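What follows is a model of POL polyprotein carrying bound darunavir.
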Number of protein chains: 2
Amino acid sequence: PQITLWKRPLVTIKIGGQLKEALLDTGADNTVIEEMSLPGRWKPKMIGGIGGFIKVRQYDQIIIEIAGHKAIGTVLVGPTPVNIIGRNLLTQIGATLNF
Amino acid sequence: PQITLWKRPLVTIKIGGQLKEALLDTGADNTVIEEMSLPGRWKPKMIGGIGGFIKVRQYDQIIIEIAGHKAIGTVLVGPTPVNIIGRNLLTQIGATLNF
Ligand SMILES: CC(C)CN(C[C@@H](O)[C@H](Cc1ccccc1)NC(=O)O[C@H]1CO[C@H]2OCC[C@H]21)S(=O)(=O)c1ccc(N)cc1
Ligand SMILES: [Cl-]
Ligand SMILES: [Cl-]
């Protein structure tokens, strides 16, 4: 796909068996999803942005299907106002910014 | 250019005669720059990111160079942790997301 940026670049993802909407976010180092359960071990992290920091759970080796493309990597879970797909998984689906 | 996302997509911007670095951010509706002086009047705006809301100063029709492309549009000024180029100016330079 080629996604213009007139609107928020939202896509459908599948994570933990669940279908969700998420923002493709080149400004995010890592993927951050709204509170949900995921399997396996986790450890706490703080992530910061405009407005300050939030505490998240870091889960490693999580598979997400993004717009029909499979990716694996770290997923942070916590009180983000929006589900964000960050660069750690955008790279795996071969996403680029072109102009 | 085609910019991959293994590293942060940082580019040089030029505003007010000054070079700065900024993050190309498809997850930002708005362009938000760290405190600096800009000409003209400003209007209030609140923007909401990961850890909460902040007040910023909204300046309209500001001339800004982004990775060597000219844009003229809205620039928000406030305590952002990094200079961010949002969709309002990414559309002006013709950026798309591709995968
Ligand atoms: C601010 C950047 C350095 C980092 N942010 C990614 C960014 O794209 C967020 C992502 C975002 C999007 C919506 C709500 C919260 C956060 N957008 C954002 O704060 O944009 C603000 C300016 O334009 C506005 O439109 C969106 C909110 C405003 S972040 O959400 O704080 C973030 C930080 C660390 C990680 N791992 C993941 C995400
Ligand atoms: Cl990862
Ligand atoms: Cl690559």
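Lettering of chains follows the sequences in order, A, B, ..., and the numbering in each one begins at 1. Just so you know, ligand 1 is whichever comes first in the structure, and atom 1 is the first atom listed for that ligand. All values below come from the heavy atoms of this structure, side chains included, with hydrogens, waters and symmetry mates left out.
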Which numbered ligands or lettered chains belong to darunavir? ligand 1
Other chains, non-hydrogen atoms under 4.0 Å from darunavir (ligand 1): A, B
Option nearest atom 23 (O) of darunavir (ligand 1) (shortest heavy-atom distance, choices B:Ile47, B:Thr31, B:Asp29): B:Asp29
Proximity to darunavir (ligand 1) by part of B:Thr26, non-hydrogen separation under 4.0 Å: neither
Protein residue, atom and distance nearest to atom 19 (O) of darunavir (ligand 1), heavy-atom basis: B:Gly49 CA, 3.7 Å
Any idea which protein heavy atom is nearest atom 35 (C) of darunavir (ligand 1), and the distance to it? A:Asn30 O, 3.7 Å
With heavy-atom distances below 4.0 Å as the criterion, list the atoms of darunavir (ligand 1) near A:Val32. 35 (C), 36 (N), 37 (C)
Any idea which of A:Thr74, A:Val82, A:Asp25, A:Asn88 brings a heavy atom closest to atom 7 (C) of darunavir (ligand 1)? A:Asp25
Considering heavy atoms of the protein only, find what lies nearest to atom 17 (N) of darunavir (ligand 1) and give residue, atom and distance to 0.1 Å. B:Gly27 O, 3.2 Å
Who's the nearest protein heavy-atom neighbour of atom 32 (C) of darunavir (ligand 1), and how far? B:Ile50 CD1, 3.7 Å
Between A:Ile84 and darunavir (ligand 1), find which residue part has any heavy-atom pair under 4.0 Å and reply side chain, backbone, both or neither. side chain
Can you tell which of A:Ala28, B:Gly48, B:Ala28 gets a heavy atom nearest to atom 28 (C) of darunavir (ligand 1)? B:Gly48
I need the atoms of darunavir (ligand 1) closer than 4.0 Å to a non-hydrogen atom of A:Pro81, numbered in the order shown. 14 (C), 15 (C)
